[PDB]
Trainee: 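Would you mind keeping the following structure in view while I ask a few things?
All residue numbers refer to positions in the sequence shown, counting from 1. Counting convention: from 1, in listed order, for ligands and their atoms alike. Scope of the values below: all heavy atoms of this structure, side chains included, with no hydrogens, waters or symmetry mates. Determined by X-ray crystallography, 2.1 Å, according to the entry header.
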Amino acid sequence: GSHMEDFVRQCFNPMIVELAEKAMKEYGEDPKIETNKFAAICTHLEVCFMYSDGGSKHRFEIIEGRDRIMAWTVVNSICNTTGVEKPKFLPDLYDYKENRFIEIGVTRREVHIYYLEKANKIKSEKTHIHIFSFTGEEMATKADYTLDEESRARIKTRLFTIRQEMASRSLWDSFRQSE
Ligand SMILES: O=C1c2c(O)c(=O)ccn2N([C@@H]2c3ccccc3SCc3c2ccc(F)c3F)[C@@H]2COCCN12
Ligand SMILES: [Mn+2]
Ligand SMILES: [Mn+2]
């Protein structure tokens, strides 16, 4: 048992920890060994849920936090009913108001370089990209940040609090140096 596994369980709420475990077992990874990945999946889930909380009610379809098959099922219903092209890789949300999928990224590095890697990867110019960093930076496709800024600020504050919490336990260095 890691310091990291225990920290994750006292830092994140039980719903999120549970969903992260579901996700790792969907891909055959073990939360007890891949413990930095565990912390990151938890962090990304919380950010995604905080993000969907920022819109008006009914604004977002949440695709993250579902098992692989149901996630693609919801993407299919979105595509077959809005006419949007079906992405090749699973996004995180769908914006009913702007009518585009969103890929949310959380990075230990500089937002620029993770954004490039995502934009490279998806190869689908239709999926809007929004990166957050553990230093309070963000980067969104076409400089369009989707949410108004109080909702993005909460995410950035929470990310930095996780960073401090990890650091107070000397977990932070090992966490950064695993991307
Ligand atoms: O949806 C995601 C995903 C993202 O949306 C993302 O932004 C980064 C990374 N992702 N992935 C996450 C994930 C999410 C957040 C932080 C780290 C990881 S690391 C890979 C991994 C994921 C989930 C379970 C697992 F066992 C993994 F090894 C996989 C990529 O295949 C599509 C689904 N998924
Ligand atoms: Mn995802
Ligand atoms: Mn994501």
Trainee: Drug at ligand 1 - which one is it?
Mentor: baloxavir
Trainee: Just wondering - which macromolecule does baloxavir (ligand 1) hug the most here, in the naming of UniProt?
Mentor: Polymerase acidic protein
Trainee: I need the nearest protein heavy-atom contact for atom 1 (O) of baloxavir (ligand 1): residue, atom name and distance, please.
Mentor: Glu64 OE1, 3.2 Å
Trainee: Judging by distance only, is a nitrogen or oxygen of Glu29 under 3.5 angstrom from one on baloxavir (ligand 1)?
Mentor: no
Trainee: Considering heavy atoms of the protein only, find what lies nearest to atom 9 (C) of baloxavir (ligand 1) and give residue, atom and distance to 0.1 Å.
Mentor: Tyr114 OH, 4.8 Å
Trainee: Evaluate the 4.0 Å heavy atom contact test for atom 32 (C) of baloxavir (ligand 1): does a protein atom fall under the cut-off?
Mentor: yes
Trainee: How far is atom 4 (C) of baloxavir (ligand 1) from the closest protein heavy atom, and which atom is that?
Mentor: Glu103 OE2, 3.5 Å
Trainee: Looking at the neighbours of baloxavir (ligand 1), which other ligands or ions sit under 4.0 Å away?
Mentor: ligand 2 (manganese (II) ion), ligand 3 (manganese (II) ion)
Trainee: Which UniProt Mn(2+)-site residues in chain A are within 4.0 Å of baloxavir (ligand 1) on a heavy-atom basis?
Mentor: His44, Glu64, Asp92, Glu103, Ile104
Trainee: Identify, for atom 34 (N) of baloxavir (ligand 1), the protein heavy atom at the shortest distance, and state residue, atom and that distance.
Mentor: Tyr27 OH, 4.6 Å
Trainee: Can you tell me the protein heavy atom closest to atom 17 (C) of baloxavir (ligand 1) and the distance?
Mentor: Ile41 CG1, 3.7 Å
Trainee: For baloxavir (ligand 1), indicate whether the residue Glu34 contacts it via side chain, backbone, both or neither (heavy-atom separation under 4.0 Å).
Mentor: neither
Trainee: Record the part of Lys118 in heavy-atom contact with baloxavir (ligand 1) below 4.0 Å; permitted values are side chain, backbone, both and neither.
Mentor: side chain
Trainee: Just heavy atoms, cut-off under 4.0 Å: does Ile104 contact baloxavir (ligand 1) by side chain, backbone, both, or neither?
Mentor: backbone
Trainee: Can I get the nearest UniProt active-site residue of chain A to baloxavir (ligand 1) along with its heavy-atom distance to 1 Å?
Mentor: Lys118, 3 Å
Trainee: Examine the proximity of baloxavir (ligand 1) to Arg68 and report which part, side chain or backbone, both or neither, has a heavy atom under 4.0 Å away.
Mentor: neither
Trainee: Go through baloxavir (ligand 1) atom by atom and flag the ones less than 4.0 Å from a non-hydrogen atom of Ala23.
Mentor: 24 (C), 26 (F)
Trainee: I'd like to know if atom 13 (C) of baloxavir (ligand 1) has any protein heavy atom within a distance of less than 4.0 Å.
Mentor: yes
Trainee: Nearest to atom 19 (S) of baloxavir (ligand 1), what protein heavy atom do you find, and at what distance?
Mentor: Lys37 CG, 4.1 Å
Trainee: Is there a nitrogen or oxygen of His44 sitting under 3.5 Å from a nitrogen or oxygen of baloxavir (ligand 1)?
Mentor: yes
Trainee: Show which residues surround baloxavir (ligand 1) within 4.0 Å on heavy-atom distance.
Mentor: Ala23, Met24, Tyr27, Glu29, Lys37, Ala40, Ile41, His44, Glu64, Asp92, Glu103, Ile104, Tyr114, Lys118
